[PDB]
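Structure of interest - contains progesterone.
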Amino acid sequence: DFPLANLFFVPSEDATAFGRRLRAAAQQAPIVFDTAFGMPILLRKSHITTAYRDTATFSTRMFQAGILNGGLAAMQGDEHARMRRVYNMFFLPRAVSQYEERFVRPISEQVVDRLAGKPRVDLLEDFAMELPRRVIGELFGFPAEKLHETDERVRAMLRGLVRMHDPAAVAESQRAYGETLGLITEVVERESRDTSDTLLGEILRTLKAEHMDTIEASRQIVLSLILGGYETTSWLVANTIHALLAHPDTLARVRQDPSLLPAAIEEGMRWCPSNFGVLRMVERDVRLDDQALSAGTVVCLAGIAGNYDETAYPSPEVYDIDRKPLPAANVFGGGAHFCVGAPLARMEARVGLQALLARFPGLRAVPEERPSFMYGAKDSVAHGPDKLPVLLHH
Ligand code: HEM
Ligand SMILES: CC(=O)[C@H]1CC[C@H]2[C@@H]3CCC4=CC(=O)CC[C@]4(C)[C@H]3CC[C@]12C
């Protein structure tokens, strides 16, 4: 029906290959069928914009088939709106500033402390993964090590949400959720008590006030903070520091002027996105110009196919934090489901990188050890590096 393509599981030492591959595909056809994802990938900007706006035709009901069933992302319409308002409260600008001052700045200093006393470290495992894990730890009131133990299971959960037609991926996702249910239940039970003094405690109290604090709803709060708050945020941090390490003159500008960090992060989401976009379910036969999609089909909206559009972003292969306006991020989705955690993720990248750059004026990539980039790095559902080895001192 649509041309066949292999857009995702392709390794390269070039961080731009992923973005370039999606743009080139979009130039050849508006929709491709990906041989690994097993579903159509929409690449054309106008079609993606139509799809994000029309939730009656492009739903998230495919999440009712997997481990997110019962959670926010699987909800539609008014049910979705009501729970979305609860989540929104916890990610308002002032709430985020409060997390920055109370939790994220001190944690970032502690994570950077642990890198001291070593000539070289891997910023992927030792920084990019560590910081978001410890922030979620703080939100749960549980030791970050307990989350560290779930890494394989977390990635197994996510792989089956994306490759949802692959029986091995779906089975491993459901099994991994089963194998994490004890920890999730323990966290919910403790922070459901009147003695809770954690942010998760506050979220569960708000659900209780709305008579929404079912067993399933409370487990799904915890699940969403793990999958988005820990794992997915790690790769944004990783890709931003890679972009700076790969462009030493820009890294030096940003250490001398930390007010440039928001720009470095936004341009990094364009230049080296950690995500392609979203999944949607076609709810009724629909025509997109001369393209036809059948009711029941699950699709990917690959919003990042526009990142390397040279009419929009001249010299798109250049990491340029001076672009104006800054590029609109495509990694958080769109429409009514646009990532509710995005303010926290953006703030963690800024505060974490600020602490790292201030602490290590000599920071530089290990010249000899080039990272390899792929969608699916380390069995994740992210486009990112396999390692970020650095030298910390001159
Ligand atoms: C770089 C970091 C992150 C990326 C790239 C990301 C990406 C995404 C994407 C693509 C979606 C689906 C949007 C759609 O269907 O339109 C999403 C939804 C969601 N994310 Fe994030 N996420 C990140 C961090 C976070 C964090 C830190 C949290 C929580 C603290 C979080 C919680 C959620 C939730 C609850 C939803 C479902 C929203 C809804 O369906 O209304 N995510 N995220
Ligand atoms: C590939 C990627 O990074 C994106 C594509 C679809 C996104 C997900 C969509 C659903 C979702 C809802 C949550 O509550 C947590 C985050 C998640 C689990 C998202 C994580 C990141 C994902 C997996």
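Residue numbers start at 1 and run along the sequence shown. When a ligand or atom number is given, it counts from 1 through the structure's own listing order. The way this entry was determined, per its header, is X-ray crystallography, 1.8 Å. Values reported hereafter were calculated over all heavy atoms of this structure, with side chains retained and with hydrogens, waters and symmetry mates removed.
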Location of progesterone: ligand 2
Progesterone: macromolecule with most heavy-atom contacts, named per UniProt: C-19 steroid 1alpha-hydroxylase
4.0 Å heavy-atom contacts with progesterone: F63, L68, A73, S224, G228, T232, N275, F276, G277, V381
Closest approach of any protein heavy atom to atom 10 (C) of progesterone, naming residue and atom: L68 CD1, 3.6 Å
Sub-4.0 Å protein heavy atom near atom 22 (C) of progesterone: no
Minimum-distance protein heavy atom relative to atom 20 (C) of progesterone: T232 OG1, 3.8 Å
Heteroatom distance test (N275, progesterone): nitrogen or oxygen, under 3.5 angstrom: yes
Protein non-hydrogen atom found under 4.0 Å from atom 2 (C) of progesterone: yes
Heavy atom of protein inside 4.0 Å of atom 7 (C) of progesterone, strictly below: no
Protein contact of atom 5 (C) of progesterone - nearest heavy atom, named by residue and atom, plus distance: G277 O, 3.5 Å
Nearest protein heavy atom under 4.0 Å from atom 12 (C) of progesterone, yes or no: yes
List, pair by pair, the atoms of progesterone and of the protein that are both N or O and lie under 3.5 Å apart, giving the separation rounded to 0.1 Å.
unit_1       : atom_1 : unit_2 : atom_2 : d
progesterone : 3 (O)  : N275   : OD1    : 3.2

